[PDB]
J.: 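This entry shows clorsulon within the model.
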Amino acid sequence: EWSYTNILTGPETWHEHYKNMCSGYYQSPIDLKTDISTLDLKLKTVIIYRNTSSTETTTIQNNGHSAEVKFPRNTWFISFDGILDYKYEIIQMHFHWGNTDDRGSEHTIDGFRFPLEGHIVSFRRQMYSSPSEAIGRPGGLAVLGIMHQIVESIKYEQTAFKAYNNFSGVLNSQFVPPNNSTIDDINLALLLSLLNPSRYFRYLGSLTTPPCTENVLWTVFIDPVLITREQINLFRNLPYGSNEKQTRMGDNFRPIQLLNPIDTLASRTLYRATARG
Ligand SMILES: Nc1cc(C(Cl)=C(Cl)Cl)c(S(N)(=O)=O)cc1S(N)(=O)=O
Ligand SMILES: *[C@@H]1O[C@H](CO)[C@@H](O)[C@H](O)[C@H]1NC(C)=O
Ligand SMILES: *[C@@H]1O[C@H](CO)[C@@H](O)[C@H](O)[C@H]1NC(C)=O
Ligand SMILES: [Zn+2]
């Protein structure tokens, strides 16, 4: 198995235990370096949109690694080109956080760690008919990264937790793995409106847990959405799976990978996007 906190099965081991593909040279997360990135004005505003006809329930599970929101099929989509033609279909959203407020994110922005990084996972429905077809195949996946930052003074309604509908209260010490509960749907469009959806890093990388598949189109928004200390401590109430050394769920993030390890056979480039000025 694998873990975050057991040194025998933890992230420094994955390159050996899961060489396909945790030994690769296109791994994630990376440090997102504003100065050492290429501005590409062709990269458009991201849109998240829902199929109005979908009625199926959303669930959340403590999978032992994270809190994972499981979206029904054919419901939530991403557009990178302004057309609402279902090229990318959202599967799930999960989170990475810290034992303490000064770490938790997988990506860094110029070396800075956020307390909470959310990952919206989608498959390239344009090419592949289902998640199970896309998840192991080339170019199959696109993930959105959303940074969260803690503020002392804020109304609930302008926090990310309004979009999350507080996960219907499931974030607590009794939400043990592998428990799943029905929750209110997540308003992913409202979530995206809490930041600038034109301002993002873009690169080709990997899943950040084994098997670290190098088939992820990454988009990481530079502006964070806002949460309170009370909200970040809700995540810290979840218990880790029995694979972990630590009892409480926290520090569920992979260490930083290089954009171009010395052994790369073809360098990748970190791109940045900004709004049409
Ligand atoms: N796509 C994905 C899946 C999972 C796992 Cl393995 C689940 Cl069991 Cl949902 C997780 S996990 N184990 O919830 O952190 C992370 C990702 S990520 N960071 O987007 O690479
Ligand atoms: C929208 O949801 C309906 C009802 O569940 C479904 O039959 C339809 O295929 C969905 N549309 C897309 C584009 O997935
Ligand atoms: C979510 O969290 C706080 C309760 O401590 C509250 O102010 C808010 O009304 C809750 N929202 C919903 C939808 O229950
Ligand atoms: Zn993730």
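Numbers for residues simply follow the sequence, beginning at 1. What you see below is based on every heavy atom in this structure, not just the backbone, and it leaves out hydrogens, waters and symmetry mates. We count ligands from 1, going down the list as the structure has it; atoms in each ligand are counted the same way.
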J.: Could you help me spot every copy of clorsulon here?
T.: ligand 1
J.: Under the nomenclature of the PDB entry, which macromolecule has the greatest contact count with clorsulon?
T.: Carbonic anhydrase
J.: Should you measure from each heavy atom of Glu106, which atoms of clorsulon turn up under 4.0 Å away?
T.: 18 (N)
J.: Just to confirm my output: which protein heavy-atom neighbour is closest to atom 14 (O) of clorsulon, and how far is it?
T.: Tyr4 OH, 3.3 Å
J.: Mind checking whether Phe95 contacts clorsulon via backbone (N, CA, C, O), side chain (CB onward), both or neither, at a 4.0 Å heavy-atom cut-off?
T.: neither
J.: Show the atoms of clorsulon that are less than 4.0 angstrom away from any heavy atom in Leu207.
T.: 1 (N), 20 (O)
J.: For clorsulon, which other ligands or ions have an atom under 4.0 Å away?
T.: ligand 4 (zinc ion)
J.: Clorsulon versus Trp2, non-hydrogen atoms closer than 4.0 Å: side chain, backbone, both, neither?
T.: side chain
J.: Show which atoms of clorsulon fall inside a sub-4.0 Å distance from at least one heavy-atom site of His119.
T.: 18 (N), 19 (O)
J.: For atom 9 (Cl) of clorsulon, what is the nearest protein heavy atom, given as residue, atom name and distance?
T.: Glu68 OE1, 3.0 Å
J.: If you have a sec, work out which protein heavy atom is nearest atom 7 (C) of clorsulon and how many Å separate them, to one decimal?
T.: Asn63 ND2, 3.6 Å
J.: Of the protein's non-hydrogen atoms, which lies at the shortest distance from atom 15 (C) of clorsulon, and what is that distance?
T.: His94 NE2, 3.4 Å
J.: Quick one: which clorsulon atoms are inside 4.0 Å of a heavy atom on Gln92?
T.: 1 (N), 2 (C), 3 (C), 9 (Cl)
J.: May I ask you to list the atoms of clorsulon that are less than 4.0 angstrom from any heavy atom of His96?
T.: 14 (O), 18 (N)
J.: In the protein, which heavy atom is nearest to atom 18 (N) of clorsulon, and how far is it?
T.: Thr208 OG1, 2.7 Å
J.: Identify the closest protein heavy atom to atom 6 (Cl) of clorsulon: which residue and atom is it, and at what distance?
T.: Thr209 OG1, 3.3 Å
J.: Flag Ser66 as yes when one of its N or O atoms lies below 3.5 Å from any N or O atom of clorsulon, and as no otherwise.
T.: no
J.: Name the residues that contact clorsulon at heavy-atom distances below 4.0 Å.
T.: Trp2, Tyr4, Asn63, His65, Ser66, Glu68, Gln92, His94, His96, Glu106, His119, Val121, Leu207, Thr208, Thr209
